[PDB]
Structures are given as structure tokens and as C-alpha cells.
Amino acid sequence: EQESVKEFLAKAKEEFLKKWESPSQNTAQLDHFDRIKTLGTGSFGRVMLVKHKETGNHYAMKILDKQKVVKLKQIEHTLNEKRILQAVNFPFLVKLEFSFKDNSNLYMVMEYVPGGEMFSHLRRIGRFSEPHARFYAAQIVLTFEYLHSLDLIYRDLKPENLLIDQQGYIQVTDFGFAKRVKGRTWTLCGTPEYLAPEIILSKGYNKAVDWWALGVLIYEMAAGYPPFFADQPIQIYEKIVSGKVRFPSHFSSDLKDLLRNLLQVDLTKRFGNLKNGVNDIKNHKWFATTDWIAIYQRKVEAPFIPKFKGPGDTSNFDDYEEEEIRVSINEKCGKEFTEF
Amino acid sequence: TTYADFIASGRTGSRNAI
Ligand SMILES: O=S(=O)(c1cccc2cnccc12)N1CCCNCC1
């Protein structure tokens, strides 16, 4: 059985490296799509629901303003996100369908994931039961096993960044902070609640920060709030590095034991960073009832299916002020984005 | 309670990366 995993991951790396070394470019253009609605907005970018005119297929199109990207010092991150997205292939990673650029913007056209972010469902429902939480956790475990086998550190895990598809399974979409490194790296990045202590402590760190974030995620899904919170990030940081954590009284014994080994301040003892790697996690008692292969094959019945009227239903996303997509008459930032 | 302290943190909405 372990021989099947090794062989699967070896094929996966070979396919990844091929696309990584020869990325796709310029596989569509803007007037192939009708804009429907804005799904998300933030720094330098928007995501919109769009309809492909020739086929009528709906997609989520991330639009990045090249000048805003340059202003916010996000060039390498943006190029890197697109290069990762076109090279990876895993059931819980969103698929990049098209990408292109014009005078003003960069465009990534991804599969539309209609169920919305895990974050809203969690805040609405309050908390997830342990089987519900475990179903999502198992998918992140497999996703990190895949990503780490490629030497990709993810670094941005949080419910805000996990989408729920039509079958109730998770899709991971944002790779702006991901980095392909085999050794250590030093960038202070991520979200305060989910930062591993070694990031806070300005040490060089490795893929074990993703296993810490998994512990934060599992805690927040099961409790309804994260393990370390406060008014200000600095106070969050003090709790994280403190080595102390309190569990709700309804947490099972297996869950607490897992969390103590993932929320482990000492890198030499954190699960996923030990000799048996991810298998210490996949074999933990909290995961005893988890059929890892059935999860990967998406054969497990999801505990929650989002409401979906039809194609192009956006009820699981918030409402945003619709803004123009302006394409300037002058090409902006051409040299910076040649590889996109 | 821990839940009440969470609400009082003001960090119940979507959280930005640093
Ligand atoms: O939901 S998104 O707009 C979004 C992004 C990428 C692909 C998408 C596919 N379907 C729906 C929404 C999508 N979003 C992701 C969650 C975290 N914030 C960044 C934007």
C-alpha cells in the first residue's frame, strides 16, 4: 500500500515538473467571456463569475491590475501563483482553465466553485461536529502530502481560503504565498491566527508550518473559534509562542491528543515533521475511521452539500459594488509580466 | 466564556494576511 503512494507521488512530481518548466500562456482572451457578478475583491485583484460565450460554461476569473501589483510589490507572488496553478493536479486544488493578459490586467480563469468559502458556513453554523471537521481535515492532509511532495509550502491555510464545491468537497484556490523550496525559508507571511511560532519568532522555517496551520484549522472548525485570538495580532503572537492552549470541554480525547501534537511549539516533536512524516497524522486515532483512498477518490458522502440552484448561482457569495474592467490604451508594466 | 472572548476580540470577520 505504501508502494502505491510512492509510485503515485513519483508520477505526480514528473507531471508537475514538466508543466512547471514549460508553463501555458495566452489560452483565451477577455471578449470570450461575459461578466456576471463580482465574487470577491481585495488588494490588487477581483474575482468575478463569468460565462464563456462560445460554450456557456461558467468560470471564476481572477483579474489583477498590473500597476497595483507592481505598486504593492507582488510581481513574483503573482507570477508564481499562476505558474503553480497551471502545473499542479490534485482533486482538492482548483483547476486553472485559461490565463491571458492585456494592456492593464492579468487574468486567471478557474473552475467556478459555487458553494462558497468554508468561512461563511462555519460562522453561520457556529461550529462543525468532529466527523464533519475530520472530513475536511482529511482532504487538507492529502493536499499537503501532495504539495509537500512537490517541495511546495502552502503558508495560507484558513477557512477564508477553502471553497466548498457542489459535492461538498474542498477546493484550495490561493497560491500567492506558496513557495517551492526544499530547505528553509524566512518570509514573514500568513494570517496572524494561523502563524506557526517559528514564523513569529523570525526563525528560518520549513513545511512544518503547514502542519501547525492544520492544527489551527482543525481546532477552529471543531470549536467555532481559533485556538489563539486577541484584540491585536501582537497579543495573538504572544499566545501562539507561549506553548499553552485550552480546549473546549466537548473536544474528544483523540481530538485533543492530535491537536497537542500538531500545535506543538517544539519542531522536533510536531506531527508531520517527524521521521514517519504525514503517516503520524494519517494513523492517529482521531483518523481511525478515515478511508484515505475513498476520500481521495471522492467516494465518501459529504456531511454538508451547499445550496446550488443551477449553473451561475451565486447565493453562497457576498454582494460587492460592481466596477468597470478598464483596459488602458497604453500597455502597462510589460517587461515585468512577460512570463505570465 | 471563551466564545464571548472571541466575539469581544473583534476578529470574527474574514481575516487578512499580514
Ligand atoms: O472565492 S474567491 O473569490 C475565488 C477565488 C478563486 C477561485 C474561485 C472559484 N470559484 C469561486 C470563487 C473563487 N476567493 C478565494 C477565497 C479567498 N479569497 C480570495 C478570492
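Heads up: chain A is whatever sequence line comes first, chain B the next one, etc. Going by the PDB entry, the residues shown for chain A are 11-350, listed in order. The residues of chain B that appear here are 11-28 by the PDB entry count, in order. For the numbers below, each heavy atom of this structure counts, side chains included, while hydrogens, waters and symmetry mates do not. First listed ligand is number 1; within each ligand, the first listed atom is number 1.
In the deposited model, most contacts to ligand 1 involve the chain that UniProt calls cAMP-dependent protein kinase catalytic subunit alpha. The drug located at ligand 1 is named fasudil. Lab note: other chains with heavy atoms under 4.0 Å from fasudil -> A. Per UniProt, most contacting residues of chain A around fasudil lie in the domain Protein kinase. The residue of chain A annotated as active site in UniProt and closest to fasudil, together with its heavy-atom distance to 1 Å, is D166(A), 7 Å. Residue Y69(A) places every heavy atom at 4.0 Å or more from fasudil. Applying the 4.0 Å criterion to heavy atoms of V123(A) picks out, from fasudil, the atoms 9 (C), 10 (N), 11 (C). Atom numbering of fasudil starts at 1 in the shown order; those under 4.0 Å from a heavy atom of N171(A) are 17 (C).
Ligand-side atoms of fasudil in range of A70(A): 8 (C), 9 (C), 10 (N), range being under 4.0 angstrom from any heavy atom. Heavy-atom separations between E121(A) and fasudil include at least one value shorter than 4.0 Å. When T183(A), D175(A), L95(A), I174(A) are checked for heavy-atom proximity to atom 7 (C) of fasudil, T183(A) turns out nearest. Within the 4.0 Å heavy-atom criterion, the part of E170(A) lying near fasudil is the backbone and not the side chain. With a heavy-atom cut-off of 4.0 Å, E127(A) touches fasudil through its side chain alone.
Atoms of fasudil found under 4.0 Å from any heavy atom of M120(A), numbered from 1 in the order shown, are 6 (C), 7 (C).
When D328(A), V57(A), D184(A), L173(A) are checked for heavy-atom proximity to atom 1 (O) of fasudil, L173(A) turns out nearest. Residues in other chains coming within 4.0 Å of fasudil by heavy atoms are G50(A), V57(A), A70(A), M120(A), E121(A), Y122(A), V123(A), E127(A), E170(A), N171(A), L173(A), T183(A), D184(A), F327(A).
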